[PDB]
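Bound complex of Synaptic vesicle glycoprotein 2A and levetiracetam.
Below, chain A is the first sequence line, B the second, and so on; all start at residue 1. Side chains are part of it too, since the values below use all heavy atoms of this structure and drop only hydrogens, waters and symmetry mates. Counting starts at 1 for both ligands and their atoms, following the listed order.
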Amino acid sequence: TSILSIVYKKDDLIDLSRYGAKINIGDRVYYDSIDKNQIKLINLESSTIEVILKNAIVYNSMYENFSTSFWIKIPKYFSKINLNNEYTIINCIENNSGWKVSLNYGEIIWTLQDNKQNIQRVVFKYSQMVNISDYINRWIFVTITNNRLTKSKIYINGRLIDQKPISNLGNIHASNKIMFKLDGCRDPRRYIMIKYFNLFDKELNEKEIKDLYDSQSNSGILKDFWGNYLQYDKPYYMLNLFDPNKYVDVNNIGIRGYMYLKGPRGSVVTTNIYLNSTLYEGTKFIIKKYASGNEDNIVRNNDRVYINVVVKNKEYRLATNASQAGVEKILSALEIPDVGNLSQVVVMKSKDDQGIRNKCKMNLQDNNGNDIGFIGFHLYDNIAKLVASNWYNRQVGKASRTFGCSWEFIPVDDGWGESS
Amino acid sequence: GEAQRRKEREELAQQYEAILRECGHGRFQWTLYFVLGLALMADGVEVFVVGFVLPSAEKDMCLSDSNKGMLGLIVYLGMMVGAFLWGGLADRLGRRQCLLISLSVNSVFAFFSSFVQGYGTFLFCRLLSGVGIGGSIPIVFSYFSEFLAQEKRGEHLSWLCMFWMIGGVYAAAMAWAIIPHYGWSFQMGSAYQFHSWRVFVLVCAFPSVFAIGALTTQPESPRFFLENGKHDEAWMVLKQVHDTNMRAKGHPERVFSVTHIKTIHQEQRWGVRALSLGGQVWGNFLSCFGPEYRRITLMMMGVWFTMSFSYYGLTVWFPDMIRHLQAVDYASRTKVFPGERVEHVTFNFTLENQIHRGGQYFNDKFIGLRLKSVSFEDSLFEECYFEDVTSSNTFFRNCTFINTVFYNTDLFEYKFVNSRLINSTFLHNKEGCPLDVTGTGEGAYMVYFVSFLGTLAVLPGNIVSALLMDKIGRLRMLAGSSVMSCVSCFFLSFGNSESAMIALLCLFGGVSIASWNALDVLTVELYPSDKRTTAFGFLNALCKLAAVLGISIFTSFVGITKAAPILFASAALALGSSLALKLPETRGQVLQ
Ligand SMILES: *[C@@H]1O[C@H](CO[C@@H]2O[C@@H](C)[C@@H](O)[C@@H](O)[C@@H]2O)[C@@H](O[C@@H]2O[C@H](CO)[C@@H](O)[C@H](O)[C@H]2NC(C)=O)[C@H](O)[C@H]1NC(C)=O
Ligand SMILES: *[C@@H]1O[C@H](CO)[C@@H](O)[C@H](O)[C@H]1NC(C)=O
Ligand SMILES: *[C@@H]1O[C@H](CO)[C@@H](O)[C@H](O)[C@H]1NC(C)=O
Ligand SMILES: CC[C@@H](C(N)=O)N1CCCC1=O
């Protein structure tokens, strides 16, 4: 049911579908080292991806429903130059007729234009004043459905954001060639990322789109704050989803010193461009592989690893005393040789028992494979102290709302632009 | 019917005078004088507390405007409610009973407010304390008067106004001796902090407790017993007075000759009792506005209202204007530096009262600097770095920040007025109030000194009024003092320096006190013994309401002109004096 499916291969891009669409790529198109299947497009002329379909699959009907899907990453807009700068990213428009996706300040737009130059637009809007954003500089699954008889709809990560009737529109033509380049951007240093572009000749429903989202989500592999692959031997800042205005911090070194959530988080401001909350506050959490036999640096689910703590540019280890008072017992950072037999083994957990994708959670386990439990925070005398507990596991067993068993990894990225 | 009641009341008044003349003046009267003086010193103290603690409480409880102004005028709304309520209740329950209950309420809620952390809670506590201390002046004057013979009533009642002065002197001295020690940071509970102004509040509560202690050892006034049909214990109280007096004199052998006393003939449960009390008090109130007392009561309303309005207006106005003049001098001394360009260099310094304009600082780091009333205008900071910065009354208006970092600074978002920040980060912001809270330092000593001088100015008038009240008369003294107050009000313009305001404050305070004395004596003397506390307390409540209105009005006009306060004060006092000359003469009469 798929007509175009651009997928990475050995130093090239191919089409999974049985149509053999011609592909040509510019000399300035980049690829991520770890996840090469993601494509980076900079604001230049040579940064071009041309893919040409066949004449038998060119959209030239008037009752033909069709859908598209892709993953997109849009960095932060830093200055006023990006305001009111609607710039195109994908065109299938010839003779002023076709379909086009474009980006504006906090906006992603689908545009259809028939032979009569009638323009229909669907928009997705995300703010930039928020403390922590779910869309800025983070991967987004965008899919668009077009039913010529009822409506055209937008789905962001499988949920409905906007719909507009298109019954008024007449015959819509399409270009034989389809476009990947930043067109109409005044900003000389604005780039995007795009991957997993798929086209279907029918209107997809909620169920199929949710299935596609889950399939392409890579639920079996851990993801960071920016939606990329989690890697070992790299410093990550730490965020608690339920209490995101505090950061991991230390006070004293060793067992007698406790790691806690200190706040509040600071701010980055640009006077009516963005007023986000600082994400580079606190102490880094490096991940060290222990028993994962995989050669690659990618962290997978159920992996058993170790976690370094960077305090005054010195690397310590997570451990807690297994034998102490209560289940919500205090974790600590220790000098790397003096761990002894303290519980240090941590299991990475991304998807649940049923396989439904959720955020990163770490489960402290001992040498004997006994679950100390999920890592989180609990309040002791008004201090949010870090503790590993099986209480989270108990609520998971009871299908209750766990409180604090979810962590988020934030590496330093160029798309955020914060000053360390 | 009415004639019979009038005859009975007159007979009781005449015989009561006779019994008091027999008992005589001596130790009993002086003992009661000291006790009731403490009760009045408490009310003297209570009117200074919030004004002395507001400079510290504004920082300690994050007090905005429309909150400082209210806390100021709260001791007066509470006194307004309390005066009426306890004055009305004192004629059905007794003077000493109601005095104990009101003083106890005052003491409790002052103690509570000493520890309260919030603002609304502090408002409520300080309102109830005002309610409690509201009923002090009416009960006290009406209570002491019922033990004095007509020979020297004005002289002996006027001495009772020394104590209110003493209360203010106490307040000022304790504020001077306690508040200046800002270091005291007693810690009991991490979330709470105990400063020196709270200690001041506690020590201000003390006088009221001492008042209750003293009062418990005095007897209810015999007159109240006689009106309410209770004959035996009125007899016993009069016997006690006679016994104490004569034993102190040196003749502990003579006998109380009075055997029978004329007494006014008397003609769900909780709710019924409350309704009955309310009905009786309402009756006493309206009987105060009866045919026999309607002219007197309206002249009394006029005199009380006009005097309170003028006095409170000017009393709040003089410190206001002194602060205004200080401000003007400070603003005159301000230094200006228009334009300066700075390259890589470290800046530590402390600047006070400065304006830097058109600055251009490029990659400058600001470590460990204190700003007091320093404004940066039309400046450009680029790759700057602010660390360990504490600022009072500091603003950045029309400034542009580029790639600057504010680390460990209390530069909140209200100190950047119409600024433009680009790629700027705020890290580890210091704890402070969301809005400007201003700052008061070394200038509190002079505030305490000024208060002290106000009270001391009051002293000569008290002495002279007490000595001449019976020789001259209440109407003459009231008039002669209100007129001089009006003249003093006219002389206000011949003052624009701080020293001038201090001298003028002293003059006005020294002049108005005799008028206030005379109006206290007159108001006691002019009402029957079954309505004295009710009437006195309704007039005192009116006094407090006038205080609220005059404080508001006269503080509204500070720094605007010196014509509005002079005109308002002079007009009010002239009308007060005019109305006072139309009141009936009460000297050389039995207390009826
Ligand atoms: C605001 O900052 C961004 C990111 O730059 C980072 O953050 C700054 C506060 C400062 O610490 C820089 O050294 C950091 O690199 C700027 O956007 C980037 O600018 C750099 C130039 O150094 C350029 O190489 C990147 O391509 C830019 N990225 C994008 C997506 O444009 C931005 O220029 C700053 N804002 C303004 C108004 O200049
Ligand atoms: C602070 O620095 C200034 C110059 O920036 C210097 O004159 C001064 O001596 C310093 N103070 C101390 C205590 O060193
Ligand atoms: C500062 O403010 C004035 C108006 O308030 C404006 O004209 C001026 O351009 C500003 N300063 C600079 C250097 O831009
Ligand atoms: C106790 C005295 C009291 C009064 N009612 O006379 N005073 C004196 C100055 C202002 C005031 O209310």
Components assigned to levetiracetam: ligand 4
Quick one: what other chains come closer than 4.0 Å to levetiracetam (ligand 4), going by heavy atoms? B
UniProt TM segments of chain B with a heavy atom under 4.0 Å from levetiracetam (ligand 4): 4, 5, 7, 10
Non-hydrogen contacts within 4.0 Å of levetiracetam (ligand 4): B:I137, B:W164, B:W304, B:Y311, B:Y312, B:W516, B:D520
